[PDB]
Undergrad: 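Sending over a structure with mitoxantrone; questions below.
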Amino acid sequence: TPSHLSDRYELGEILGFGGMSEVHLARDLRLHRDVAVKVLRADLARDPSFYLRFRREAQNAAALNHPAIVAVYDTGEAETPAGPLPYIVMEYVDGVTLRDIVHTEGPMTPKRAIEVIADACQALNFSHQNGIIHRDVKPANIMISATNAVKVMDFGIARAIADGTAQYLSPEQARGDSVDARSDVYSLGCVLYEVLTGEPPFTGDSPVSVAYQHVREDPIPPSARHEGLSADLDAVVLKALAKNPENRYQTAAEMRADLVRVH
Ligand SMILES: O=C1c2c(O)ccc(O)c2C(=O)c2c(NCCNCCO)ccc(NCCNCCO)c21
């Protein structure tokens, strides 16, 4: 890919990938600031379905603004020698992902863990509040800023009400049905489990055996996986992870409430 988009954004190294598109650290030359930028593969960008999805991503993202959700500052399409390339300019987050943090620290203190998710809930509730389901909650999509903020990201597959991996899927995603706020709650639960125990709820030889685990197995109570985890907190995690949406928290707000009640 080229080094300068539109004359304005000078792409640097690769921060991560949001499904098949590269996310870059770049510098906005008009505003003297570091910003992160997502660039549709290029091949990808000739397919409508993706062009659309991608345009829609930006608009979905941009159309919500909250300090615990990454901001969008801009989208365009650069006309390069390698053709047209739509992109999205987003608030940069100098930090690490929950993934990374769990992988290097091990689990985090319960105290820490509670607030961190607590925050995630507001973010996600705000999104729901605004008619956006994220559909893709997992450690690799939540960040801790250098200033210790929480930033939820990758509205890559988030759906308005306009109308890969294994272990952070909701059962209804698994069976392949309509998903909603609850599905996000569940995904979030998984993430909570992950952070508290150093371990995800379920693991397998491939996506499919984990998918079944989501649908079939009870989760090991966290306390069992790792001492110094409160009985009160156990039942919290496990509610988010209720197999039936009905038995889950009905919104992020409800979940958060309970979390704040145990911290
Ligand atoms: O920093 C971002 C980032 C950003 O600052 C602004 C917008 C973004 O979309 C990202 C970003 O996506 C990102 C990373 N990608 C996560 C890909 N999702 C996991 C697959 O579903 C993965 C990592 C990542 N930054 C942390 C890099 N530190 C770890 C070693 O470099 C970011």
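Going by the PDB entry, the residues shown for chain A are 3-165, 178-277, listed in order. Side-chain atoms are counted along with the backbone in the values below, which use heavy atoms only and exclude waters and symmetry mates. Read the numbers this way: they start at 1 and go in the same order the structure lists the ligands and their atoms.
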Undergrad: Which chain forms the chief contact surface with mitoxantrone (ligand 1), and what is its name in UniProt?
TA: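 Most heavy-atom pairs belong to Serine/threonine-protein kinase PknB.
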Undergrad: Which Mg(2+)-contacting residues per UniProt in chain A have a heavy atom closer to mitoxantrone (ligand 1) than 4.0 Å?
TA: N143, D156
Undergrad: Taking the residues UniProt annotates as binding ATP in chain A, which ones lie under 4.0 Å from mitoxantrone (ligand 1), judged by heavy atoms?
TA: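 Sure - UniProt-listed, with a heavy atom under 4.0 Å: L17, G18, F19, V25, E93, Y94, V95, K140, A142, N143, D156.
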Undergrad: Looking at chain A, which UniProt domain houses most residues near mitoxantrone (ligand 1)?
TA: Protein kinase
Undergrad: In chain A, which UniProt active-site residue has the smallest heavy-atom distance to mitoxantrone (ligand 1), and what is that distance rounded to 1 Å?
TA: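 UniProt active site, heavy atoms, to 1 Å: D138, 4 Å.
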Undergrad: Hey, which residues are hanging around mitoxantrone (ligand 1) within 4.0 Å, heavy atoms only?
TA: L17, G18, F19, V25, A38, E93, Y94, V95, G97, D102, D138, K140, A142, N143, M145, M155, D156
